[PDB]
Each structure stands twice: as structure tokens, then as C-alpha cells.
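Everything below concerns the one structure shown next.
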There are 2 protein chains.
Amino acid sequence: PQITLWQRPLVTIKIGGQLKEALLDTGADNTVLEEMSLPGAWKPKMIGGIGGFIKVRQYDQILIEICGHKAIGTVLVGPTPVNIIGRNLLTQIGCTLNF
Amino acid sequence: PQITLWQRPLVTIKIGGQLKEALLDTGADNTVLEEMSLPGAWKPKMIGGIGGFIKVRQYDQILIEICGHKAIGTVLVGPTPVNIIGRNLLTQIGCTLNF
Ligand SMILES: Cc1c(O)cccc1C(=O)N[C@@H](CSc1ccccc1)[C@H](O)CN1C[C@H]2CCCC[C@H]2C[C@H]1C(=O)NC(C)(C)C
């Protein structure tokens, strides 16, 4: 899939048995998900936006299906208004920018 | 140019006679620039990211030279830690996501 940028680049994801919609976000170093139930141990973490900072729960080695592509990585969960797939996961699904 | 996402997708911009580095940011609807001197009138604006909101100055129909591609559009100036080229300007340089 090629994707133009006239609308937000939103994709379907499956994480922890759940279907979510998420933003492909070349500006995000990290993947950040809205409040959800993920199984397993987590670490405290703080990440910075535009913005200020939010407190998130850090989860390592999480399987996530992004637009029908499987990828494993660190997922962060916390009070983000929008699900963000950052570059740690974008590189796993072979995502490039072209201009 | 094609650009992988193993590093931050940073490009050179010329805006208001000045050279800057900026992040190609598919997760940003707007272009946001660190405090700088831009000539002419502006409007007050508030923009939300992760962490909260920042007060910005809104400038319309600004000429921006992104990686040797000329584009005109709305640029926002305010206390962002990184220069962001959002989708309003990404569509002007024929920027697509490929995976
Ligand atoms: C989530 C995240 C990380 O995990 C790591 C590094 C940065 C970020 C981060 O917040 N990145 C953002 C750009 S703002 C930015 C600030 C500093 C460095 C790089 C980018 C997102 O790419 C875009 N970001 C995605 C999304 C984040 C939650 C709030 C709604 C949007 C808002 C949008 C945004 O901020 N828009 C502006 C117009 C204000 C620029």
C-alpha cells in the first residue's frame, strides 16, 4: 500500500486480541496506545510531546498486527488522545516516506 | 527521494531567508516551527499534542522550501522543541507513505 497524506494516515491494528485504529506517525519515536488492558509486566516511563509529558506504562516484546503486517516491539499505553504507531514499529512493516 | 524510518526523517528547510532542520511528520496536521522572526500579520492559536497545548503564532500563505521543493501554506511559530513539517505541507511536496 501507498498512502497519500490528504487525510490522517489511519490504519487498523490488532493488539492484545483487540482491534484498534491508529495513526502512522513518522514524527513519533515510540508507539503510544490509548488506555487498554495488556497482559504482562510493565515498567514506568515518561514521554514528551508538543505539549508537555505524559506518564505511560511500558510493555516490551508485544505482538501487534499493523494493516495485516505482523510486528514485535515496545508499546506504550497511557492518556494519549490518538493511537500512534511510531518509528520503532514503522521500520518493522517496511514503511518508507517518498517525495 | 525515498526515506527509511530507522532515524528521525530530518530535512533542510528555507523559511523567511533562514535555514532550519525539520521533522517530516505524518502524525502532525500542522507545521510547527521553533520561535523565529517571520514578517507580517499573524493570528493567535492553540494547538494540542501529547502532553497538552502550546500557544502559537499563525502565519498564512508562507513560502517554505522543503528539501529543494517549493511549497506555500500555513506555518505555526511557537515553543515546540523540534521543527515539524505537518501534512498541510507534506501534500505539497508529493509526500507518500509506502509499506
Ligand atoms: C509521541 C511521541 C514520542 O513517543 C516520541 C517523540 C515525539 C512524540 C510526539 O509527540 N510527536 C508528535 C510531534 S511533536 C514532537 C515533539 C518533540 C519531538 C518530536 C515531535 C506527533 O508526531 C504528532 N502528534 C500526534 C498526536 C499525538 C497525541 C495528540 C494528537 C496528535 C498531535 C500531533 C502533534 O503533536 N501535532 C502538532 C501539530 C502539535 C505538531
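So you know, we letter chains A, B, ... as the sequences are listed, proteins then strands, and number each from 1. Both counts, for ligands and for their atoms, begin at 1 and track the order of listing. The figures here come from the full heavy-atom set of this structure, side chains too, leaving out hydrogens, waters and symmetry mates.
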Item to complete: Write down the drug at ligand 1.
Response: nelfinavir
Worksheet item: Which macromolecule here is the main partner of nelfinavir by heavy-atom contacts, as listed in the PDB entry?
Response: protease retropepsin
Practice prompt. List the other chains with a heavy atom under 4.0 Å from nelfinavir.
Written response: A, B
Discussion item. Can you check which of B:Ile84, A:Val82, B:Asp29 brings a heavy atom nearest to atom 40 (C) of nelfinavir?
Written reply: B:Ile84
Discussion item. Can you tell me if B:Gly51 contacts nelfinavir (heavy atom of the residue under 4.0 Å from the ligand)?
Written reply: no
Item to complete: Answer with side chain, backbone, both or neither: which part of A:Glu34 has a heavy atom less than 4.0 angstrom from an atom of nelfinavir?
Response: neither
Discussion item. Side chain, backbone, both or neither: which applies to B:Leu76 and nelfinavir if a contact is any heavy-atom pair less than 4.0 Å apart?
Written reply: neither
Discussion item. Starting from atom 4 (O) of nelfinavir, what is the nearest protein heavy atom, named by residue and atom, and what distance separates them?
Written reply: A:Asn30 ND2, 2.8 Å
Worksheet item: For nelfinavir, is B:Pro81 a contact, meaning one of its heavy atoms is under 4.0 Å away?
Response: yes
Discussion item. Counting only heavy atoms, tell me which of A:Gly49, B:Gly27, A:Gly27 gets closest to atom 10 (O) of nelfinavir.
Written reply: A:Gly49
Practice prompt. Measure the distance from atom 1 (C) of nelfinavir to every protein heavy atom, then report the residue, atom name and distance (to 0.1 Å) of the closest one.
Written response: B:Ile50 CD1, 3.9 Å
Practice prompt. Say whether A:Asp25, considering both its backbone and side-chain N or O atoms, lies within less than 3.5 Å of an N or O atom on nelfinavir.
Written response: yes
Worksheet item: Is it true that A:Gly86 lies under 4.0 Å from nelfinavir, counting heavy atoms only?
Response: no
Fill in: Heteroatom proximity flag, A:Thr80 to nelfinavir, N/O under 3.5 Å
no
Practice prompt. Enumerate the residues contacting nelfinavir with a heavy-atom distance under 4.0 Å.
Written response: A:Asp25, A:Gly27, A:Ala28, A:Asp29, A:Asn30, A:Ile47, A:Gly48, A:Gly49, A:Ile50, A:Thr80, A:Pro81, A:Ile84, B:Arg8, B:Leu23, B:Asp25, B:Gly27, B:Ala28, B:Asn30, B:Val32, B:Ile47, B:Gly48, B:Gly49, B:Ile50, B:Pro81, B:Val82, B:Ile84
Tabulate distances under 3.5 Å between N/O atoms of nelfinavir and N/O atoms of the protein, writing both atom names on each line.
| unit_1 | atom_1 | unit_2 | atom_2 | d |
| --- | --- | --- | --- | --- |
| nelfinavir | 4 (O) | A:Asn30 | ND2 | 2.8 |
| nelfinavir | 22 (O) | A:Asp25 | OD1 | 2.7 |
| nelfinavir | 22 (O) | A:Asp25 | OD2 | 3.0 |
| nelfinavir | 22 (O) | B:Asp25 | OD1 | 2.8 |
| nelfinavir | 22 (O) | B:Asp25 | OD2 | 3.2 |

